[PDB]
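The sequence lines are lettered as chains in the order written, beginning with A. Shown for chain A, in order and in the PDB entry numbering: 2-299. Following the PDB entry, chain B shows residues 4-300, kept in their order. Worth knowing before you read on, the calculation uses all heavy atoms, side chains too, and leaves out hydrogens, waters and symmetry mates. Method on record in the header is X-ray crystallography, 1.8 Å. Both ligands and their constituent atoms are indexed starting at 1 by order of listing.
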Amino acid sequence: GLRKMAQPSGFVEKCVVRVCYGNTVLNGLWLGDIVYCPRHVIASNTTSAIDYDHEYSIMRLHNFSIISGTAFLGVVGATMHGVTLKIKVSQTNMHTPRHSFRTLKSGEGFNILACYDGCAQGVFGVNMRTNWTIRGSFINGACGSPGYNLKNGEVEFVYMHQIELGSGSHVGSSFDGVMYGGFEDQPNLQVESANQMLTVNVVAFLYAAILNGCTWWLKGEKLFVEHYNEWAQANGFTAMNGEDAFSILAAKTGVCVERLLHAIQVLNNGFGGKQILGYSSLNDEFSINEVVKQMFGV
Amino acid sequence: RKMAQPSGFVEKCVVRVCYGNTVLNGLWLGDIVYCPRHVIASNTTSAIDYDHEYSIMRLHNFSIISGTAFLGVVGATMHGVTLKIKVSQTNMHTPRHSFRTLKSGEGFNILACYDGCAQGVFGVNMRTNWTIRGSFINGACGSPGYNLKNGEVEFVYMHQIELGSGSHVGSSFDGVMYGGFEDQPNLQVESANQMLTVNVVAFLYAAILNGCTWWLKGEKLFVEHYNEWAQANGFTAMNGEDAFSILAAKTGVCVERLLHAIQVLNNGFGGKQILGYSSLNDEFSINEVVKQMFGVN
Ligand SMILES: CC(C)(C)[C@H](NC(=O)C(F)(F)F)C(=O)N1C[C@H]2[C@@H]([C@H]1C(=O)N[C@H](C=N)C[C@@H]1CCNC1=O)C2(C)C
Ligand SMILES: CC(C)(C)[C@H](NC(=O)C(F)(F)F)C(=O)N1C[C@H]2[C@@H]([C@H]1C(=O)N[C@H](C=N)C[C@@H]1CCNC1=O)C2(C)C
């Protein structure tokens, strides 16, 4: 089978805190002696354009309350970096995991720990879409929820939740304070670009299908990558690139990528009542790495 | 969006259980390590006499590792398709917990583990044929299924076998295999899966709450009539329409109008989608819909 999994959340859970300032509560991430959180926690009035330089100049540190579980942390300073605050606290988080910070590229997979009131409530794997939004399930109080990847025994922190667009899509920032997609932490209408289906992931999905004995859709005709990309630009798919990355899957199956590109074109019109590993339509949720990991443990 | 509950409380309980050449996962709670009994079987490609295997078990063949610490085995007893291995060490990270047995259609979380280390977490439903749609390869046995409720962990599933169809079967922690399946390497076939009607209705209510209403008509289908159609078309009966009376009041749409949509939509969406799906979806319970959109349990 093929299931969209999250990487385990235990290491990240110990870092989530509640950040309160004046009349707002949201979540922060406590690493070392710093708590990271969205800067709009200090905005007194969010019904019109926020002058964050002004809000920062009037910010008073005694209005913060930072809570780890049931313990209060002492706040000693706070600086603004893009759309984030780095709040310096008086104790080191002794549960800080081995970590780094990374900025997601388009299509890259990660995990969201959905937090409310400083406490984790759900965890899920997700992909950064080409329009720099994600389909999260975030409601009131979710800001500051962290996105992460586990790699080589290290936690990479990649996302801090910030806003919900009118479409229902979700936008966050890196921990550098750069909002994905250049969206603003401002209460005005913002519209995202059209989403594209991630071709590299659909291809990985079709390989997984072959490996599971689901091959009714597979045919012998190939479609060259340059010809597929001409078709993809006009039909809402990303272009194919990095074909060599599929070598492990092509070897195990004996099916070249260009035969799967041909399949994408035909199956984009619908499955006609058939299913591929349980889906009634093409699926771009799984990367090459996830397919290889779940089928072969590599 | 399909999500799982956080895994941090369960992760501290997973251990590596090795007996001779076999390695799988165990669950360390108090001074007991729970794991599948086939860890002690000498040959798992032919029929297994577990009473024989238990009578020749030698405890020095066990190695149990939590993180990098070795646990000391002092006894082991067999209960159904599980072993309860008593160790000297009490797990100081044992959460408040209970053991519960899943009902047909009930949702829960799997922590997929290998070599005694968690690798992934995902939500699943116990299906009407007592299998789950998991994703496991060699070494996954003993991976635990859990729910977080009322400040405790409910442990509900221990992974055991993969059927020839790819469906997965586990046991409760009292050693009862879900569905009555055997921990034997023989051909066993599951019964036909049914679509969980209550979950489809929740999905359609979620569609209405997101203003996705192209499919919604005005005709009502009485519960008794729907159920007659469902028994012949691979759907479960509608039951407990009262839990949906909160959403019926909130949307102004009665369950009978959704039952009629299921019957119509089961023939296909005709190129349209519902919340991004091209066919009826039974993966989301009323609990999940309400938790994710309204924040309440
Ligand atoms: C959706 C809302 C209309 C409220 C607004 N959106 C837009 O103003 C936009 F459309 F312009 F983006 C919006 O997100 N905010 C308004 C205000 C902050 C942010 C906000 O409250 N964030 C929440 C953090 N706890 C997470 C949200 C809550 C609902 N679901 C979420 O994910 C700031 C931009 C300073
Ligand atoms: C799939 C396999 C053909 C190997 C077999 N299936 C059948 O015998 C059947 F089909 F009948 F069910 C089977 O699951 N097992 C053979 C042997 C144990 C069990 C087994 O290996 N459990 C794994 C635990 N680490 C679970 C994972 C799940 C994914 N793949 C696995 O191996 C026992 C039944 C004693």
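At ligand 2, the drug present is nirmatrelvir (bound form). Looking only at contacts, the largest set of contacts to nirmatrelvir (bound form, ligand 2) comes from what UniProt names 3C-like proteinase.
In this entry, the other chains with a heavy atom less than 4.0 Å from nirmatrelvir (bound form, ligand 2) are B.
Heavy-atom distances between B:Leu27 and nirmatrelvir (bound form, ligand 2) stay at or above 4.0 Å for every pair. Comparing B:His171, B:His162, B:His41, B:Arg40 by heavy-atom distance to atom 18 (C) of nirmatrelvir (bound form, ligand 2), the nearest is B:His41. Nirmatrelvir (bound form, ligand 2) is contacted mostly by residues of chain B from UniProt domain Peptidase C30. Inclusion of B:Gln191 in the set of residues having an N or O under 3.5 Å from an N or O of nirmatrelvir (bound form, ligand 2) is not warranted.
Polar contact check, B:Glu165 against nirmatrelvir (bound form, ligand 2): a nitrogen or oxygen pair lies under 3.5 Å apart. When heavy-atom distances are rounded to 1 Å, the UniProt active-site residue of chain B nearest nirmatrelvir (bound form, ligand 2) turns out to be B:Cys144, 2 Å. Close approach of nirmatrelvir (bound form, ligand 2) to B:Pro188 (heavy-atom distance below 4.0 Å) involves ligand atoms 8 (O). Evaluated by nearest non-hydrogen atom to atom 17 (C) of nirmatrelvir (bound form, ligand 2), the leading choice among B:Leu166, B:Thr47, B:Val42 is B:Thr47. The PDB header gives the source organism of chain B as Human coronavirus 229E. Residue contacts with nirmatrelvir (bound form, ligand 2): B:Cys144 is placed with a nitrogen or oxygen under 3.5 Å of a nitrogen or oxygen of the ligand (distance criterion only).
Annotation for nirmatrelvir (bound form, ligand 2): atoms under 4.0 Å from non-hydrogen atoms of B:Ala143 are 25 (N). Here is the list of nirmatrelvir (bound form, ligand 2) atoms found below 4.0 Å of a heavy atom in B:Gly142: 25 (N).
Between B:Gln163 and nirmatrelvir (bound form, ligand 2), at least one N/O pair is under 3.5 Å apart. Applying the 4.0 Å criterion to heavy atoms of B:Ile164 picks out, from nirmatrelvir (bound form, ligand 2), the atoms 14 (O), 34 (C).
In this structure, the binding site of nirmatrelvir (bound form, ligand 2) at 4.0 Å (heavy atoms) is formed by B:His41, B:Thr47, B:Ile51, B:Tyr53, B:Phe139, B:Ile140, B:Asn141, B:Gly142, B:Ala143, B:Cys144, B:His162, B:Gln163, B:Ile164, B:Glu165, B:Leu166, B:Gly167, B:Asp186, B:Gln187, B:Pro188, B:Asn189, B:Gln191.
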